[PDB]
Trainee: 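Right, I'll just put the structure down here and ask away after.
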Amino acid sequence: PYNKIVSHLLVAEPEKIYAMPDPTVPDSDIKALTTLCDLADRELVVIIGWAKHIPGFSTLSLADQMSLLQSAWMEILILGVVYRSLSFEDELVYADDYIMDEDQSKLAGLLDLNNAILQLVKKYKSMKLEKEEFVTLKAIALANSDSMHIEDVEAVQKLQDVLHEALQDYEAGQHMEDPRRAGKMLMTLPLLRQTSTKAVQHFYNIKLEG
Amino acid sequence: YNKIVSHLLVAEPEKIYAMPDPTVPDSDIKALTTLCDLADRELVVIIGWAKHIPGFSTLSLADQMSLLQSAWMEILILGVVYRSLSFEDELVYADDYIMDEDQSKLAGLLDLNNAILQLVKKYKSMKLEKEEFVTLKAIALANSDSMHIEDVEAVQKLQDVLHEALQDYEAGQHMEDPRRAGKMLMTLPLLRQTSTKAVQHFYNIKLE
Ligand SMILES: CC/C(=C(\c1ccc(O)cc1)c1ccc(OCCN(C)C)cc1)c1ccccc1
Ligand SMILES: CC/C(=C(\c1ccc(O)cc1)c1ccc(OCCN(C)C)cc1)c1ccccc1
């Protein structure tokens, strides 16, 4: 119906970012990896631009604004893809010009991993996830990254609170069929965190192995 | 008073002890062994405790085990975490085994324990109650996100039931915060992460 925060967040939303493949080089695990690497690099600058638009976010200390972006960037990237693929089935809308099926992923050796995000994508799909929910869960994810390098903990909390409140409230007017929808959304965050940490690790392994 | 929560409480297992076998002088191995032996004896208990969770038993033995399979670490972690609330910078795994910053460094569990302590840091901040504990334990169990389940609906129903119990509990004894249940739900990620880091670390011993 109308929530201050949710609307703000829809607006603060970033524009369509396209992967931009290299047509002259062959499709290998090094290509796909390289393709995603930069795709994320670009998004990371995109996200830092965005976070400033997160109501109450710019007010925290800089050292703390960095602490969170430091921790929650991967979940943000991830929830991102997870969203792009809701209207699709069994594949990943990493980029609107970059989609991967079971076979493109088998070639990239990201089967295990992608079969993980397919799962995450399944839940949200079975909940009929809404754009307004994405943006909110996304902001929450950030204000809930639990960095250990926090200096002013009472502030992080008020930021968490402000965003949590917007969720309960938006879910309150748009879905009275489910007096427990917000909290349900919230329970999908762990998997988000699980996937992201899985992602981070595969990366530290590819870097170890080469 | 909420029925489901009264149950979970009553179900709450009896105290367990690590019993730092009067055998080997303190050392990485001794330490790691003590925990290995306690976790196992706890795991058994957990299995039994599980039978009481409302609606848990009705599940096919296949699912029941798929959940336990995935959540047993969060459960173990949550325990020591609740056990450690009333303390400072120390992790209580058992009344006979209490790890302080140094004993940790000795076991190499500095990083692991240090994240676990972070978990406690938050629960202490919001004065976690035994009631809230027993309930999250059950919730974490059914919200374990296992990839290989048969009956998705029945499981979902179990998460709703327990979720209802939590939102309800907060609604009665904690009217001062309408977002409390949700905030408890928000501590689940960390628990997940920590339980994960904890597990990958165990397997990482002599492998690649
Ligand atoms: C899951 C795909 C992915 C990345 C990704 C995820 C979501 C998204 O929207 C875009 C990309 C990925 C790849 C590279 C990367 O690099 C960050 C480091 N920069 C500074 C070089 C981050 C994420 C990746 C992670 C680990 C190993 C290999 C690939
Ligand atoms: C966090 C301490 C811990 C365990 C633990 C946690 C909570 C608790 O109440 C009791 C113990 C731990 C240690 C061993 C273990 O083994 C399970 C596998 N069995 C079948 C051999 C599980 C957890 C541990 C985890 C990873 C590496 C080293 C130690």
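Chain A is the first sequence line, chain B the second, and so forth, proteins listed ahead of strands; every chain is numbered from 1. Indexing begins at 1, ligand by ligand and atom by atom, following the structure's order.
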Trainee: Select, from SAR247799, AT9283, PF-3463275, 4-hydroxytamoxifen, LY309887, the drug or drug candidate present at ligand 1.
Mentor: 4-hydroxytamoxifen
Trainee: In this PDB structure, which macromolecule forms the chief contact with 4-hydroxytamoxifen (ligand 1), named as in UniProt?
Mentor: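 Greatest contact count: Estrogen-related receptor gamma.
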Trainee: Can you point out the other chains with any heavy atom under 4.0 Å from 4-hydroxytamoxifen (ligand 1), by letter?
Mentor: A
Trainee: Looking at the deposited structure, to which atom of which residue is there a covalent bond from 4-hydroxytamoxifen (ligand 1)?
Mentor: none
Trainee: Using UniProt domain boundaries, which domain of chain A contains most residues that touch 4-hydroxytamoxifen (ligand 1)?
Mentor: NR LBD
Trainee: In this structure, which residues build the binding site of 4-hydroxytamoxifen (ligand 1) when a heavy-atom cut-off of 4.0 Å is applied?
Mentor: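 At that heavy-atom cut-off, the site is A:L33, A:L36, A:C37, A:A40, A:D41, A:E43, A:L77, A:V81, A:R84, A:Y94, A:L113, A:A199, A:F203, A:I206.
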